[PDB]
Amino acid sequence: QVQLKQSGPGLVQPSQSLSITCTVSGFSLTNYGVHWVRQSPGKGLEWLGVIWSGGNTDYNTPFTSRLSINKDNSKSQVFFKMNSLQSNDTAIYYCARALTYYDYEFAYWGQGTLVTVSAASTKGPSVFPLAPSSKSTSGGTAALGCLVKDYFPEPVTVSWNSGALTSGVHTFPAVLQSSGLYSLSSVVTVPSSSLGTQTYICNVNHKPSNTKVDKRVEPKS
Amino acid sequence: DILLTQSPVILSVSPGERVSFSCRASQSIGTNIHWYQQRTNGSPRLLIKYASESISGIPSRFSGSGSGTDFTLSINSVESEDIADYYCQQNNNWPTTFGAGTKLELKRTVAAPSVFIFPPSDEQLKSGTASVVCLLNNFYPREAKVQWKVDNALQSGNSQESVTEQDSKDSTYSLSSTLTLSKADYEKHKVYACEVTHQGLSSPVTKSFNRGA
C-alpha cells in the first residue's frame with residue numbers, strides 16, 4: 001500500500017523558514033518523483049515543485065528562489081524547505097505521488113501539514129466540559145461535548161472515546177477570538193440513560209504545542 | 001500559465017439527479033485534464049485522468065468528457081456522500097495548474113434543529129470568563145438564527161458561531177454558538193437563554209438554565 005506521511009502542523013514566524021518532511025512507503029523514491037502542492041484557506045490548489053527519481057528538481061516560477069526540495073532515498077524521506085515566509089504563505093502543504101514516474105495525475109497524497117505564518121507564539125488549549133442535565137434530554141437523547149479554548153495556531157484533533165465513538169459526533173470549525181486565539185467545540189448526542197453506565201471522553205490533541213488531554217464529560221445535575 | 005475556470009461556484013442538487021461540473025481552460029489543452037474530489041478535512045482524491053479515463057477504486061457513477069477548452073465531470077445519480085469540493089487540473093502546459101473548484105451541495109427536506117444549551121463549567125469560571133454554548137443539531141437548510149438573552153436582555157457582539165459541513169449521510173448541518181461573558185457579568189445574572197428560529201420550526205424554540213439552580 002502506497003502512503004505518504006508528513007511531519008506535524010506548526011507556527012512559523014514572518015521572514016523565517018518552513019521545513020516539512022514527507023516519509024513514503026509502498027514505493028521507492030528512486031522510482032517515482034514526489035511533488036509538493038499547497039492549498040490556501042478556502043482556496044484552490046497550487047503546485048509548488050517536485051524532486052524526481054534521479055534527484056533533479058523543478059520549482060514553480062514564484063518559488064524558484066526561496067524553495068528547495070531534497071531527499072534521502074535510503075530513508076524514503078523527502079525534505080521541503082521554503083524561505084522568507086509571509087502571512088501569504090499560511091496554508092496546508094501536501095506532498096504527493098503520481099500514477100506514473102514521470103507524470104502529474106496525483107493518485108496518492110500525504111495528509112497535509114497546516115503551516116501558520118504569524119508573529120504570535122504557540123499556546124496549548126484549555127479543555128472544558130459541555131455538560132448535559134435534566135434540561136439536556138431531547139426525547140431521551142442528551143448532548144455533551146468539549147470546548148477547546150484559547151489555543152494557537154490551528155489545528156486541533158478531537159476524537160471521542162479514543163475513536164470508538166463516531167456516530168453523532170460533530171466537531172465544529174474553530175473560531176478566531178478577538179484575543180487572537182482559537183476556540184472550537186466538539187459535541188456528540190447519546191441516549192440519556194447511558195450517562196450512568198457509559199463514560200464519555202473527548203481526546204484532544206494540539207500538536208503545535210504537544211498538548212494532549214483526555215477529558216471525561218459527565219452531567220453536573 | 002493556463003487559467004482554469006470552474007462553474008458554477010456552488011452546485012446545489014437533489015439525490016439521484018445527474019450532475020455536471022464545468023472546467024474551461026484559457027487555451028486549448030487537448031485532453032490533459034485530471035479531476036479530484038476533496039471532502040471536508042480530506043486530501044484530494046483523483047477521480048478521472050486525461051479527461052475521461054477511469055481510476056481504480058472510483059465509483060462507476062463518476063465520468064469525465066471534453067476536449068480542447070471545455071471539460072465536464074459527471075455524476076450520474078449523485079449520492080449524499082458525494083458532498084465535497086471538486087477540482088480540475090490541466091497539465092498540457094507547464095506549470096500544471098488547478099481550478100478554484102466547485103462545491104457540491106445536496107438538497108434534502110426541511111428539518112428543524114434539535115437544541116441544547118450548556119452552562120459554563122466551574123473550572124472555566126476560575127479563569128475569569130464564562131463561555132455559554134448553544135448547539136443546533138442536524139437541521140436543513142443551513143440558514144438559522146441564534147439569539148442569546150441574559151435576564152431577557154438581547155446580547156449583541158459577544159457571540160460567535162460556526163457551522164459544520166453537510167453530513168455525508170443525512171445531508172443536514174449543525175451549528176455551535178458561543179456567548180462569552182466575564183465571570184463578573186455572568187455571576188450578576190440568572191436566566192441564560194438561547195432562542196433559535198429556523199424555517200423548520202413553527203415558532204422559536206428556546207432552551208435555558210438558571211445560574212446555580
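Below, read A as the first sequence line, B as the second, and so on, with proteins coming before strands; counting in each chain starts at 1.
The option from tanezumab, solanezumab, camrelizumab, cetuximab that is found at chains A and B is cetuximab. The name for chain A in the entry is Cetuximab Fab Heavy chain. Entry name for chain B - Cetuximab Fab Light chain.
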